[PDB]
*Asks:* 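Just downloaded a structure that has triclosan in it.
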Amino acid sequence: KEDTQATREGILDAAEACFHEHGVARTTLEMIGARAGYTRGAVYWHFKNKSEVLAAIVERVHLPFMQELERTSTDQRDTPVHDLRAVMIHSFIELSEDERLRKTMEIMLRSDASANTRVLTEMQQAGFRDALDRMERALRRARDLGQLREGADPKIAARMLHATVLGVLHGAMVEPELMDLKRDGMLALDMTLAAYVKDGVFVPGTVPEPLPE
Amino acid sequence: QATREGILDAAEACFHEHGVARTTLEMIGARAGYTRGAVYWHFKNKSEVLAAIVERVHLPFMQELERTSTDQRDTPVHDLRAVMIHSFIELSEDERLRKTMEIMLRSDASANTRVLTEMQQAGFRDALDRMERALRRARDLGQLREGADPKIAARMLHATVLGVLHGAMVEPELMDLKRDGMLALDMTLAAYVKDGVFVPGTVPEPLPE
Ligand SMILES: Oc1cc(Cl)ccc1Oc1ccc(Cl)cc1Cl
Ligand SMILES: Oc1cc(Cl)ccc1Oc1ccc(Cl)cc1Cl
């Protein structure tokens with residue numbers, strides 16, 4: 001087990017388990033290296049430092065999800081509101097059923113344990129901005145198709161949706177007995193969309209088909 | 001009582017800059033200007049100290065929430081809405097209280113440390129119960145929409161408040177406590193409350209008492 005034989009995915013899988021178990025602060029390069037079956041030099045073979053490791057764990061789940069959201073605004077389909085619902089609701093289900101995904105999402109939610117460091121906060125800012133941009137674009141396509149209520153601002157709508165969804169994610173992390181990621185994510189999403197979306201455009205409470213492709 | 005208050009203040013300054021993990025009772029003492037003996041008299045450990053910090057803020061907030069369901073006034077939605085709007089305003093205008101609140105909202109680093117998640121859980125449960133009591137009184141008074149379930153309305157209100165607070169801690173310039181907090185509150189209340197019950201978009205008068 002020479003350090004240079006470690007693969008990037010094995011380094012990231014090991015680091016994500018370290019971070020889930022010990023948190024960001026207590027995780028060290030030596031711990032990540034040992035966990036993957038090597039020593040710290042196997043981590044250096046891929047990443048300058050622990051924050052690059054964190055960024056890469058985040059990117060690996062945030063990238064795919066941003067891709068899904070981006071598809072909801074396509075001019076090749078004429079149901080952007082339904083598509084946004086398909087993406088979000090299946091994401092909620094996935095987060096609820098896949099502990100590994102859920103624990104990475106919870107690493108980001110938890111953020112920096114003190115004002116001393118802003119390392120997770122900047123990644124969160126950049127992620128929030130990415131998600132908002134994409135939701136706002138889907139909502140702008142919905143307006144053109146006459147699917148929004150008169151006067152609905154798609155930028156405000158996107159901001160309200162992120163707020164009530166973010167709140168469900170934080171609540172479920174704190175007290176899963178009281179706040180249910182699937183059930184309440186879907187209620188927050190539908191409630192928020194119904195404030196900005198015309199009646200009759202989608203049926204609240206329904207499970208959409210996974211977005212095609 | 002007042003030495004208590006001094007430790008707590010200093011502990012606020014440490015907890016916010018340094019975090020829950022790296023702060024100890026000895027660091028808190030020094031900034032506070034007191035002896036280790038003096039400090040231990042009040043709090044034998046960091047968690048006892050955090051519990052009294054959260055308490056200081058969380059308690060009187062729960063007392064404001066609790067009042068909105070009083071069987072003595074007939075405007076529970078208006079009152080609950082007023083409490084949250086005023087709270088949002090106060091947080092936005094008082095950096096002291098806003099730092100104490102972020103200490104209160106930040107998560108434990110791991111799934112292994114908890115005692116701060118334990119007060120979050122208890123705090124989360126207290127706030128939801130009180131929201132639900134005010135919305136059930138609204139329901140009794142004919143102020144909720146047909147078929148609105150006060151338990152469900154309170155969960156959505158709670159998620160709404162929590163998403164605004166968290167949104168603003170990450171991106172103050174993208175999530176404005178006062179302006180987006182009021183928009184989000186009014187949106188979620190209008191999903192469950194009949195029209196004409198409160199006046200949206202405005203800051204209500206101070207509640208009595
Ligand atoms: O996009 C992300 C950004 C960060 Cl900073 C951390 C995790 C991420 O991944 C997700 C976030 C929210 C939802 Cl609802 C679903 C997924 Cl997969
Ligand atoms: O802001 C968001 C709003 C919505 Cl409705 C969906 C996903 C969002 O994106 C995130 C949610 C949580 C974390 Cl930790 C990171 C990111 Cl990017």
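So that the names make sense, note that chain A is the first sequence line, chain B the second, and so on, each numbered from 1. Read the numbers this way: they start at 1 and go in the same order the structure lists the ligands and their atoms. This entry, so its header tells us, was determined using X-ray crystallography, 2.0 Å. Below, all heavy atoms of this structure are taken into account, side chains as well, without hydrogens, waters or symmetry copies.
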*Asks:* Which chain is the chief contact partner of triclosan (ligand 1) here, given by its name in the PDB entry?
*Replies:*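 The largest contact count goes to Repressor.
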*Asks:* Which other chain letters have a heavy atom less than 4.0 Å from triclosan (ligand 1)?
*Replies:*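 The heavy-atom check gives A.
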*Asks:* If the cut-off is 4.0 Å to any non-hydrogen atom of A:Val58, which atoms of triclosan (ligand 1) fall inside it?
*Replies:* 4 (C), 5 (Cl)
*Asks:* List the closest protein heavy-atom neighbour of atom 17 (Cl) of triclosan (ligand 1): residue, atom name, distance to the nearest 0.1 Å.
*Replies:* A:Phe65 CB, 3.8 Å
*Asks:* To the nearest 0.1 Å, how far is atom 6 (C) of triclosan (ligand 1) from its closest protein heavy atom, and which atom is that?
*Replies:*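 It is A:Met108 CG, 3.3 Å.
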*Asks:* Enumerate the atoms of triclosan (ligand 1) whose separation from the nearest heavy atom of A:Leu95 is less than 4.0 angstrom.
*Replies:* 13 (C), 14 (Cl), 15 (C)
*Asks:* Quick one: which of A:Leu101, A:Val61, A:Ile89, A:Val87 has a heavy atom closest to atom 7 (C) of triclosan (ligand 1)?
*Replies:*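 Shortest heavy-atom distance from atom 7 (C) of triclosan (ligand 1): A:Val61.
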*Asks:* Of the protein's non-hydrogen atoms, which lies at the shortest distance from atom 1 (O) of triclosan (ligand 1), and what is that distance?
*Replies:* A:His62 ND1, 2.3 Å
*Asks:* I'm curious which residues sit within 4.0 Å of triclosan (ligand 1), going by heavy atoms - can you tell me?
*Replies:*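 By heavy-atom distance, those residues are A:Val58, A:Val61, A:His62, A:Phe65, A:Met66, A:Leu95, A:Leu101, A:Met105, A:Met108.
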*Asks:* Distances only, to 0.1 Å: what are the N or O pairs between triclosan (ligand 1) and the protein that fall under 3.5 Å?
*Replies:*
residue: triclosan (ligand 1); atom: 1 (O); partner: A:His62; partner atom: ND1; Å: 2.3

